[PDB]
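So, a structure with nirmatrelvir (bound form) in it.
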Amino acid sequence: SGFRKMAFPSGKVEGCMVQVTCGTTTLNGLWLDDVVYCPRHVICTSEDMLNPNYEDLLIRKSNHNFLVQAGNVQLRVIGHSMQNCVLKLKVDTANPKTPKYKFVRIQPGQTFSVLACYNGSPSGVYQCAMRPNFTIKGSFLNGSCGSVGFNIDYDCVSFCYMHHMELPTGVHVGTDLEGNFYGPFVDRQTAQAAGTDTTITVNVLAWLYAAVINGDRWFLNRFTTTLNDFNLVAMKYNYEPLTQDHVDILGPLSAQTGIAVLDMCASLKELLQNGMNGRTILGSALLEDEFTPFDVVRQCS
Amino acid sequence: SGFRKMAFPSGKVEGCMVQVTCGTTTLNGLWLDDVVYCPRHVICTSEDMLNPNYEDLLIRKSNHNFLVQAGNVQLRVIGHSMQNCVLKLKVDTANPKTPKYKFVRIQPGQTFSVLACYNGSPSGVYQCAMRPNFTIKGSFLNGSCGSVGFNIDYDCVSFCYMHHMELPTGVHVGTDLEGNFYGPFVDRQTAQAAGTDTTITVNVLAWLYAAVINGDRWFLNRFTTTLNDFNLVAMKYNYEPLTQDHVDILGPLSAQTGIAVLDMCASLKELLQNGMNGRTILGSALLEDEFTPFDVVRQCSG
Ligand SMILES: *C(=N)[C@H](C[C@@H]1CCNC1=O)NC(=O)[C@@H]1[C@@H]2[C@H](CN1C(=O)[C@@H](NC(=O)C(F)(F)F)C(C)(C)C)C2(C)C
Ligand SMILES: *C(=N)[C@H](C[C@@H]1CCNC1=O)NC(=O)[C@@H]1[C@@H]2[C@H](CN1C(=O)[C@@H](NC(=O)C(F)(F)F)C(C)(C)C)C2(C)C
């Protein structure tokens, strides 16, 4: 029993972290085979960040302007190219700790583990949901850029995120491992806003199932709902509409507890219309939307 | 910015996790140098667990009755011994992935990272606080026994916890790496209760500093209080009394924010007296006590 926000073990990702310096800007790089991946803004001075022309900045940099360090050993850069908002530095040595890996683009609502790093040294590990407005609610300080988000399938590391900036609201933004930003963001020090955020409905349902598995039953009843009626109500509370694909993804949790998905939808509709009446669910006073059905299945089975 | 429940990177501990099997019971072991540490109930059947006489069960086991597997590498058990609730299995090979380490016994209020394992394989990492009643609010399924808790100081792993059992309330209990239970529990399948729990006051104050650092200032007021006046209110709401040692540990956060500890105590006193009125702090509708002053400084400065 118990239900906790849990990250994947970070070991295979720790063996890939390196320190990348260019002039007086130092950030983290991801060393996979003989290529180190990092945010391209490592080539910027504090001034350049206001309105950079990255092509003009990169032209002024030679391979010897990049100082890459793996622990205490310097890795010689023998080639360099820019792919969207990431820099790829070809190095003279292939990382012997390179695990099996793939680069993936995650979808809104999906979760990943973040290995927060400083000067190429892993510092912490936590779990994030990619918000519907393409922001994450992380914990990042100066020098944390180049820190990566990932998931693990048995022995394969799927890299889905690299950290680049923090928005005015305090939320965080970054790219996939091909340098393409998630969301309408640019790597420039200018005021940028994210869209209005919405609650991940399928994730709240997954969390209501984790609660029933753990013994919380006060919010259950024999009422039901059509998918359309639930959607008409949920969208008044800024919740995303539930689709058949979402219902299908909740199937294994529904089977495990014996509670039909549309019955849990009726309980959620009631929780939104009535509030929690001074009660808690899994020791929480708010409904939680940062656990996917997969996160609940992995912890409750 | 940001304040998240953060675990230590687990790689150093992942390299020490092994599968230990004795008969039909299988759980996790911690492989450091030529020794494997694991809960002693690995020598029990399900029936034995109801009322075990560990000494009579241990006497029936030989070195070859313990199957230890590191990945696919089978290790050879060349010695065995019981120390309190832990079994030590001497093996014929020193773990080359053994990090620099030490075994500590943590105090109530302190936090640690848990690497949850099943069949000797790491599954997930999370952060727990040792409650004042010596329980932890973890997440553990069958076969998780042997999973360990720890902290990391630069390159040295301080192992402080080994997982053994779950209480009827759904909370978790276990031992230090010497086999000594944290709390008044025994490794036997019989109804056992923990003491009444209390709120870790110093951790609530640390988390209030984390909130101000992050922009949350609505709860700040222009009042101050004394240590004694705060403690009269604390005892009424089942909060631990604040000591000078705890005030001294809040010093760095106090210096970073420019808010005196007794100015933050006045905000806490008002949150307890008036309640939170449905408002949130750091995205929480309830006061959080599972972050130490050390977890806050580590995350909000460096
Ligand atoms: C990477 N090392 C940092 C991570 C930041 C530092 C504070 N917390 C974080 O997550 N990245 C940056 O400093 C980037 C970098 C220039 C400025 N910047 C920002 O994150 C700024 N944000 C923005 O300009 C905004 F709002 F658009 F996201 C900052 C105000 C410093 C937080 C460049 C090249 C974008
Ligand atoms: C070790 N792999 C499990 C971990 C348990 C499984 C469910 N959640 C956990 O943390 N430990 C056990 O199975 C131990 C073990 C026998 C029974 N047991 C228990 O945890 C039971 N609890 C108790 O007996 C109690 F209340 F006293 F703590 C159980 C009811 C199965 C949860 C022994 C030898 C204590």
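Lettering of chains proceeds alphabetically from A, tracking the sequence lines in order. We're sticking with the PDB entry numbering for chain A, so the shown stretch reads 1-301, in order. Per the PDB entry, chain B residues shown: 1-302, in order. In listed order, ligands and their atoms are each counted from 1. Recorded method is X-ray crystallography, 1.9 Å.
- The chief contact partner of nirmatrelvir (bound form, ligand 1) in this model is named by the PDB entry as 3C-like proteinase nsp5.
- Other chains in heavy-atom contact with nirmatrelvir (bound form, ligand 1) below 4.0 Å, by letter: A.
- In terms of N/O distances under 3.5 Å, nirmatrelvir (bound form, ligand 1) is not approached by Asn142(A).
- In this structure, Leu27(A) does not count as a contact residue of nirmatrelvir (bound form, ligand 1), since none of its heavy atoms falls inside 4.0 Å of the ligand.
- Nearest to atom 19 (C) of nirmatrelvir (bound form, ligand 1) by heavy atom, out of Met165(A), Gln192(A), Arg40(A), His172(A), is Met165(A).
- Near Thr190(A), with a cut-off below 4.0 Å to any heavy atom, the atoms of nirmatrelvir (bound form, ligand 1) are 24 (O), 25 (C), 26 (F), 27 (F).
- Neither the backbone nor the side chain of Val173(A) has a heavy atom within less than 4.0 Å of nirmatrelvir (bound form, ligand 1).
- For nirmatrelvir (bound form, ligand 1), the atoms lying closer than 4.0 Å to a non-hydrogen atom of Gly143(A) are 2 (N).
- According to the entry, the covalent attachment of nirmatrelvir (bound form, ligand 1) involves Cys145(A) SG.
- Between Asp187(A) and nirmatrelvir (bound form, ligand 1), a contact under 3.5 Å exists for no N or O pair.
- Comparing heavy-atom distances from atom 4 (C) of nirmatrelvir (bound form, ligand 1) across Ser1(B), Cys44(A), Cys145(A) singles out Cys145(A) as nearest.
- Entry annotation: chain A, source organism Severe acute respiratory syndrome coronavirus 2.
- Using a 4.0 Å cut-off to heavy atoms of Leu167(A), the atoms of nirmatrelvir (bound form, ligand 1) that qualify are 26 (F), 28 (F).
- By UniProt annotation, the domain of chain A supplying most contacts to nirmatrelvir (bound form, ligand 1) is Peptidase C30.
- Per UniProt, the active-site residue of chain A closest to nirmatrelvir (bound form, ligand 1) (non-hydrogen atoms, rounded to 1 Å) is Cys145(A), 2 Å.
- At least one heavy atom of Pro168(A) lies less than 4.0 angstrom from nirmatrelvir (bound form, ligand 1).
- With a heavy-atom cut-off of 4.0 Å, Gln189(A) touches nirmatrelvir (bound form, ligand 1) through backbone and side chain alike.
- The heavy-atom binding site of nirmatrelvir (bound form, ligand 1) at 4.0 Å consists of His41(A), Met49(A), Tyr54(A), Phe140(A), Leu141(A), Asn142(A), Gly143(A), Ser144(A), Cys145(A), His163(A), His164(A), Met165(A), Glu166(A), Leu167(A), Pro168(A), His172(A), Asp187(A), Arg188(A), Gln189(A), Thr190(A), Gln192(A).
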Please tabulate protein-ligand N/O pairs under 3.5 Å for nirmatrelvir (bound form, ligand 1), atom names and distances to 0.1 Å.
unit_1: nirmatrelvir (bound form, ligand 1); atom_1: 2 (N); unit_2: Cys145(A); atom_2: N; d: 3.0
unit_1: nirmatrelvir (bound form, ligand 1); atom_1: 8 (N); unit_2: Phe140(A); atom_2: O; d: 3.4
unit_1: nirmatrelvir (bound form, ligand 1); atom_1: 8 (N); unit_2: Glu166(A); atom_2: OE1; d: 3.1
unit_1: nirmatrelvir (bound form, ligand 1); atom_1: 10 (O); unit_2: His163(A); atom_2: NE2; d: 2.8
unit_1: nirmatrelvir (bound form, ligand 1); atom_1: 11 (N); unit_2: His164(A); atom_2: O; d: 2.9
unit_1: nirmatrelvir (bound form, ligand 1); atom_1: 20 (O); unit_2: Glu166(A); atom_2: N; d: 3.1
unit_1: nirmatrelvir (bound form, ligand 1); atom_1: 22 (N); unit_2: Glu166(A); atom_2: O; d: 2.9

